[PDB]
Amino acid sequence: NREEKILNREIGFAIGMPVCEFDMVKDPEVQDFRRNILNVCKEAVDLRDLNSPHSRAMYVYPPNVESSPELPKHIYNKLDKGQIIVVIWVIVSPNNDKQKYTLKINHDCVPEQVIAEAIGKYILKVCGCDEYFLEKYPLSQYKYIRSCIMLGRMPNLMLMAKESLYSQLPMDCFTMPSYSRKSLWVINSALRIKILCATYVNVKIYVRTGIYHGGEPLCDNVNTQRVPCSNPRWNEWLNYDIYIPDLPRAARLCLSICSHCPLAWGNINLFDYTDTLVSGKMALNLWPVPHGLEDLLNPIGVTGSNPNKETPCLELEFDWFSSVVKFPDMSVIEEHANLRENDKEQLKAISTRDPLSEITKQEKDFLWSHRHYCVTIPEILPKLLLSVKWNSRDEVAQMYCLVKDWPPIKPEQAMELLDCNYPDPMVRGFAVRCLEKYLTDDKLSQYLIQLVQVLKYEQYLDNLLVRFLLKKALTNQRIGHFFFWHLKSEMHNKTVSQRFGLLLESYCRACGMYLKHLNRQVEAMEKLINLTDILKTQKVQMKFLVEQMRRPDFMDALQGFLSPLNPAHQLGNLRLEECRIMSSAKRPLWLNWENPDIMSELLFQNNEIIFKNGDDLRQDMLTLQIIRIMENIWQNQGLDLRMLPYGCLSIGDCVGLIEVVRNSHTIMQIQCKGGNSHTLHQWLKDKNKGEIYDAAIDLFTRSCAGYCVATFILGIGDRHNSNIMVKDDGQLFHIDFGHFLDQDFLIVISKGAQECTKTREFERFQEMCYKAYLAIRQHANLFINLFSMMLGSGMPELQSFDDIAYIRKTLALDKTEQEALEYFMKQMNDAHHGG
Ligand SMILES: Cc1nc(NC(=O)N2CCC[C@H]2C(N)=O)sc1-c1ccnc(C(C)(C)C(F)(F)F)c1
């Protein structure tokens, strides 16, 4: 076929695993997933082609927008009576002559008004990248115009006739592949499950078991007798304290061959995606030794079986009811389940506490009793759920009248419900139902790294989170682009390869034309991915890389595609001269691309990117996104702390891409230390003289107050002279993040004086440093939720809550607002010896 086979090899390249290899998968829980049940995502395509070509265009080019419509008061003061001056680079002649035009327009206007003033047949293109002003959003909402107003930059916006884009987007529609087309509450018996034997036991060995719903034990942890290692003929019908109807929906039984150190752990759902209590013999390969865990079991893991079949396999014999028993529908459960001194104040004391606050059982019973009032205060839902034992049918039934009827909570609050705890299929249903309705495309863009890692927390392959993420990826090629590259990064993990290959190929069938560009991205990456592996010492390196991009096969894949950091950055022919290799630890690729846009000179004549291959960049993105929200809740309250949360994307295993800031000058190891202690201020002064000397100092403090407290609140690592850089408008920021939660700058704030503490400018630096954590400690629930969502990300730092206790220490969440003022002051006056 010319429509089925046209796509099934492009897909095999854009995932790296042939669709044939997943056609031959014998596991019954893949074919049911891939069938038309997910292919209702074609409705997403129906959404993206509803009103052609405007709907198609808004799909293909996603606006980059700020989540804050109303411009803040200080940014409003950054404007001349709330007015921005923008240059319009009209092109009319067929030649290269450009007719520019300058306009003074109210910052609350719209691209339609810009079109009307400059002169609907035209669209505004950001001059130097394929950023397009298309939909009816205010000018100041776009990140380009908002950043222009913030930095006082001169905004550049060329005019292009719409036909130059409407006719530049060939259509590519959706063709389906060949695969297009008792009750557990009436039994009376304890949980009685047999261990047969282990096929590949490794050298009194016993199976330690237990029922878990979360990290919470659901009964006594039944064990086996101590058989000899040679012949593990267990054959034991272990009797669990858990009565079978009491088994909850997500109650994966946890095996542990234990020599009480677990030789091998493994989770197995006590249900399945069709709500069937697993029966019959089951030979499952067990997962390797727990990663940094000395627990009695390892419920911190994935359900199902191990794809690697060389691991010790244990044989099990589940319940034999001589029939099939199904978990009741939610209607039957719901039918089954069918004051101001502290009953209103203690509740608010709980709600305002972080989810990491260990709720006492004496207070868990208080939370449990006031179900009828905790429903009125929404932000307590993450804590009411933990106030319920999953040992019981009646307890969980009582909750299912609450979390199903719970009024929706704010999206950053509903993102905690998708962690390792809260593993109920309906808790995550509520979390995703809130995340769909309230989360916006740029907040989703920030939080997508979190949402990808919580696919692994839902127990079946056809989640509702999968549906949400796929539908969003089929409407913007930023959710699509970054979702695709997140999954491609997490393909190399065998644990989630089965999920993520199917998810990827579900996306590669309905993304559209972008797949080719996506392939051209992947191809362009896999040469660089190859190139780095070829590379794994500079002049030979420089000439080798020049030779390796001058070849026609290499130069073909490395030209005319889009940046994996920004598809709006239309990469053209490589600037062969300005591409080099650093003398760094992993030797990343400094790569420069000329802009095929006619007028490259406005934003940037050339596009610069760092290509790291060897270091994980999920923690780097985690730091940069925490920085982004911290800035957005500092620069929305009027505390004009200035910083740069820039682009970062890990494209595979420990391989990724970083947008170079060319404005930010050399590292301070040379820009300040010259690879004397007065170099930084002198260099900043000689590069900024006159009446402009205010901001170049004024924005330095606001660029050092917000990063001394960010490196504090999140416990970020050491700040060497090779880790910090500085712009020329006084801005500085940190670039080499990574692992965390584990004076030259002083004289600049005092404007060159060798004595700084006595100065008033140092005092204002302190008084904005304090206001920095005044609101960050007011917004701690968001940060705790975000940190908690990355526990199963595989990051070596976020393994358990014992590491998120570090941010608890740094923010001191237990103390009162007045008492927390001196908490930072102690370490702050310890760092610089007085303040
Ligand atoms: C965001 C960003 N902007 C840069 N800017 C220049 O390097 N510039 C700016 C122009 C000249 C050049 C220079 N020598 O000054 S670097 C950088 C960055 C971000 C993250 N990690 C790194 C490295 C180099 C430490 C790593 F780890 F990748 F090797 C760099």
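One is the number of the first residue; the rest follow in order along the sequence. Per the header of the entry, the method used was electron microscopy, 2.6 Å. Just follow the structure's listing: the first ligand is 1, and inside any ligand the first atom is 1.
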List the drug name given for ligand 1.
alpelisib
From the contacts in this model, which chain binds alpelisib (ligand 1) most extensively, according to UniProt?
Phosphatidylinositol 4,5-bisphosphate 3-kinase catalytic subunit alpha isoform
In this structure, which residues build the binding site of alpelisib (ligand 1) when a heavy-atom cut-off of 4.0 Å is applied?
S584, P588, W590, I610, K612, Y646, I658, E659, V660, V661, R662, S664, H665, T666, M725, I735, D736
Considering only chain A, which UniProt domain carries most of the residues contacting alpelisib (ligand 1)?
PI3K/PI4K catalytic
Kindly indicate whether atom 12 (C) of alpelisib (ligand 1) is approached by any protein heavy atom to under 4.0 angstrom.
yes
Taking only heavy atoms of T666, which atoms of alpelisib (ligand 1) are found under 4.0 Å from at least one of them?
15 (O)
Relative to the heavy atoms of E659, which atoms of alpelisib (ligand 1) are at a distance of less than 4.0 Å?
1 (C)
Considering only heavy atoms of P588, which atoms of alpelisib (ligand 1) have at least one such atom less than 4.0 Å away?
29 (F)
